[PDB]
Undergrad: 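Just dropping this structure here.
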Amino acid sequence: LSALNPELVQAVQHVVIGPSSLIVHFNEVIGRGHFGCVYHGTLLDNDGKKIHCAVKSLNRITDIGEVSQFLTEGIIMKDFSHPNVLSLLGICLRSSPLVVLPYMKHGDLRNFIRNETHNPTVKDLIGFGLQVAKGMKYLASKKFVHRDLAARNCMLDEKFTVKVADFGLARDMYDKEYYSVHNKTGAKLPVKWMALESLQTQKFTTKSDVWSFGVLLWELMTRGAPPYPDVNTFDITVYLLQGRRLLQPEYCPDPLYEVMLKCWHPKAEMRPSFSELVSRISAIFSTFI
Ligand SMILES: CN1CCC(COc2cnc(-c3cccc(Cn4nc(-c5cccc(C#N)c5)ccc4=O)c3)nc2)CC1
């Protein structure tokens, strides 16, 4: 890493965590991304109080340009903050590079809602959706496009707070079943969560994140059923163009299905904003015991 531009190193210094502040348990994988496994560790604060971390080791870096990009992105991502978006705690360089993230005790949202020993109420599930909407309202306000919003890509902490995750230095494929390669460009695409226009052009916007959010709501209301199980990946674009959409789940309230449907409008500009979604979903949430 002595090949890095020294001004970049100085610019990222405030994101860097020294090895003597970290204790990582590399003997046990706690999560798996295509581009790296995740391990538990602890970060020592200024008192020596332990902060629990998920530490991710990036696995296919080959050139200093990639590292430089990673550091540049880290500076941007470090200064994001919202209670429903995952924080970047820092990067450890003097230990491959380690991305240091807050530990998420209850794992990804899709696994949480599929846990048969727990019974989230309908209200709880809608509340998870509301929390995601609030995190996305924040990302949208930063002009940041997620591109891979899905229940598998959101996390829950010890207070059951939902964090939009899988972005910035945490971006990866954490369940490879749902990504398909596009020939023309080599992009790995989460096809069954994508907006029609993104399927046609491979371009993404905040309004395509709104489409994905509608799919995530459907995931919540089905307790983690896979969307369009009988539609092959390569047939989803046509399925949508034919005027077909995911069906209303049995226990999805009518006003929430209406929200879903608006998120899947064929014209991006006609989909609700995340600000509108927070408002409307907060009303729906409030009507349940
Ligand atoms: C029973 N089980 C025992 C282990 C418990 C704690 O394990 C943890 C695992 N991972 C983290 C962690 C924290 C912050 C950031 C990330 C990275 N990241 N990962 C995912 C992710 C992780 C695992 C599976 C799937 C899928 N599909 C997706 C999504 C988005 C994202 O950004 C990981 N924290 C704790 C959970 C309950």
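Heads up, chain A uses the PDB entry numbers, so what you see runs 1055-1149, 1152-1345. For the numbers below, each heavy atom of this structure counts, side chains included, while hydrogens, waters and symmetry mates do not. Numbering of ligands and ligand atoms starts at 1, following listing order. Recorded method for this deposit: X-ray crystallography, 1.2 Å.
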Undergrad: State what ligand 1 is bound to in this structure, picking the chain with most contacts and naming it per UniProt.
TA: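 The chain with most contacts is Hepatocyte growth factor receptor.
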Undergrad: Mind telling me the name of the drug at ligand 1?
TA: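 That drug is tepotinib.
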Undergrad: UniProt domain of chain A with the most residues touching tepotinib?
TA: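 The answer is UniProt domain Protein kinase.
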Undergrad: Does tepotinib reach any of the residues UniProt lists as binding ATP in chain A within 4.0 Å (heavy atoms), and which are they?
TA: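 I count these UniProt residues with a non-hydrogen atom in range: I1084.
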Undergrad: Using UniProt's active-site annotation for chain A, which residue is nearest to tepotinib and at what heavy-atom distance (1 Å precision)?
TA: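 Closest UniProt active-site residue (heavy-atom distance): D1204, 8 Å.
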Undergrad: Give the source organism of chain A as listed in the PDB entry.
TA: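 Going by the PDB entry, Homo sapiens.
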Undergrad: Looking at atom 24 (C) of tepotinib, what's its closest protein heavy atom, distance included?
TA: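 Here the nearest protein heavy atom works out to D1164 OD1, 3.6 Å.
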Undergrad: With a heavy-atom distance limit of 4.0 Å, tell me whether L1140 approaches tepotinib through its side chain, its backbone, both, or neither.
TA: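 Looking at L1140 and tepotinib, just side chain atoms fall under 4.0 Å.
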Undergrad: Contact between tepotinib and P1158 is defined here as a heavy atom of the residue under 4.0 Å from a ligand atom; is it met?
TA: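 Yes, that is the case, since the closest heavy atom of the residue is under 4.0 Å from the ligand.
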Undergrad: Which of the atoms of tepotinib are close to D1222, meaning less than 4.0 Å from one of its heavy atoms?
TA: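 Selected atoms, number and element: 30 (C), 31 (C), 32 (O).
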Undergrad: Is it the side chain (CB and beyond), the backbone, both or neither of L1157 that lies under 4.0 Å from tepotinib, heavy atoms counted?
TA: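 The answer is the side chain.
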Undergrad: Could you pull out the residues near tepotinib at 4.0 Å? Heavy atoms only, by chain and number.
TA: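 At that heavy-atom cut-off, the site is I1084, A1108, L1140, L1157, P1158, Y1159, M1160, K1161, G1163, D1164, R1208, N1209, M1211, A1221, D1222, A1226, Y1230.
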